[PDB]
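Drug cerdulatinib bound to macromolecule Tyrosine-protein kinase JAK2.
We count residues from 1, following the sequence as given. Header entry for method reads X-ray crystallography, 1.5 Å. The figures that follow rest on heavy atoms only: side chains count, while hydrogens, waters and symmetry mates do not. Whatever order the structure lists them in is the order used to number ligands and atoms, beginning at 1.
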Amino acid sequence: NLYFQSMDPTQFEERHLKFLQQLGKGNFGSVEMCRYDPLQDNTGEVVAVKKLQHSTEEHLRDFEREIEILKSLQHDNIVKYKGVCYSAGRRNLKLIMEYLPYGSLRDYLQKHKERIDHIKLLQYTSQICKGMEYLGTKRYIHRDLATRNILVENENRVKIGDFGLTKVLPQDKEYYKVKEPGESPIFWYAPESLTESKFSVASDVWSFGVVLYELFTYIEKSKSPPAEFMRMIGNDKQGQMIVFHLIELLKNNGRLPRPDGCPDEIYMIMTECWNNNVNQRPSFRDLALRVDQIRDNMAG
Ligand SMILES: CCS(=O)(=O)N1CCN(c2ccc(Nc3ncc(C(N)=O)c(NC4CC4)n3)cc2)CC1
């Protein structure tokens, strides 16, 4: 009470934060591109600015947690925290982060196939695993790993973003049981997350297997995880029946198919990530090493 938590409300002052562009919607919120131009000279750093879409009390609390999580992370493959802007005369909050010009990896794979080959896909895979290794050291569970939530700086660098669903493991447990769920990205979820609301490093590994699938499908029409799972389940199914059939399919070894042109060895990594036995899934350290060895074992 006596002394409020340390904040730097003069680091990004609203009057100097200039709108450049609307970018998109990250889990609970909206993101814009702005320029921070304190020397009112039409220059300054270009930044991404996340704001809430519905500024309820509960959402503001969740947003504070997301901000504290991101501020605690510093890694080449994690989107950079820059600060907070307390706008509306210090009666609102916005998160200031670095801006990555190529947007989401999901969009980049679709818009920039001219510059993507398997080498690049494996580089992105490696980078994602290394970011995730780093999150694990902090006991953070991302809970929404998907190509839509990975951002592209340039042809040789991607970074994990969207920490809006991230949870911190309890001190004494290796899983977090989410007792509030929102809308869930079910087609990226591990079976124990679907059936028990349990999230862990190992369920992030499951979702990483889906990301690896996404990369090798090159975000092709009809090959997305939702499209393929719905084809397997029955495209006419609606509502909870979808979830019931997804659970049953996964529990009895139904899996996304090997993408066209995907090496068997990469599909094997996917299928090892998609182990119903939580403890048998590889670690992110295992995966980064394996992917880098595959890359390094190529000629040259
Ligand atoms: C060509 C198809 S397009 O015309 O439809 N199109 C594609 C490119 N694009 C775009 C989106 C984001 C970014 N950069 C970015 N940087 C950092 C963050 C961050 N720190 O969260 C972020 N978050 C947002 C992802 C929520 N977004 C750059 C470009 C929107 C318009």
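- Close to cerdulatinib (ligand 1): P101, with a non-hydrogen atom less than 4.0 angstrom away.
- For the pair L100 and cerdulatinib (ligand 1), the shortest N or O to N or O distance falls below 3.5 Å.
- The shortest N or O to N or O distance between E98 and cerdulatinib (ligand 1) is below 3.5 Å.
- Numbered from 1 in the order shown, with element, the atoms of cerdulatinib (ligand 1) that lie under 4.0 Å from a heavy atom of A48 read 17 (C), 18 (C), 19 (C), 20 (N).
- The residue among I96, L151, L95, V79 with a heavy atom at the shortest distance from atom 19 (C) of cerdulatinib (ligand 1) is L151.
- With atom 12 (C) of cerdulatinib (ligand 1) as the reference point, the heavy atom nearest to it among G161, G164, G24, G103 is part of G103.
- Close approach to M97 involves these atoms of cerdulatinib (ligand 1), each under 4.0 Å from a residue heavy atom: 19 (C), 20 (N), 21 (O).
- Under a 4.0 Å non-hydrogen cut-off, the residues that form the binding site of cerdulatinib (ligand 1) are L23, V31, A48, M97, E98, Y99, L100, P101, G103, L151.
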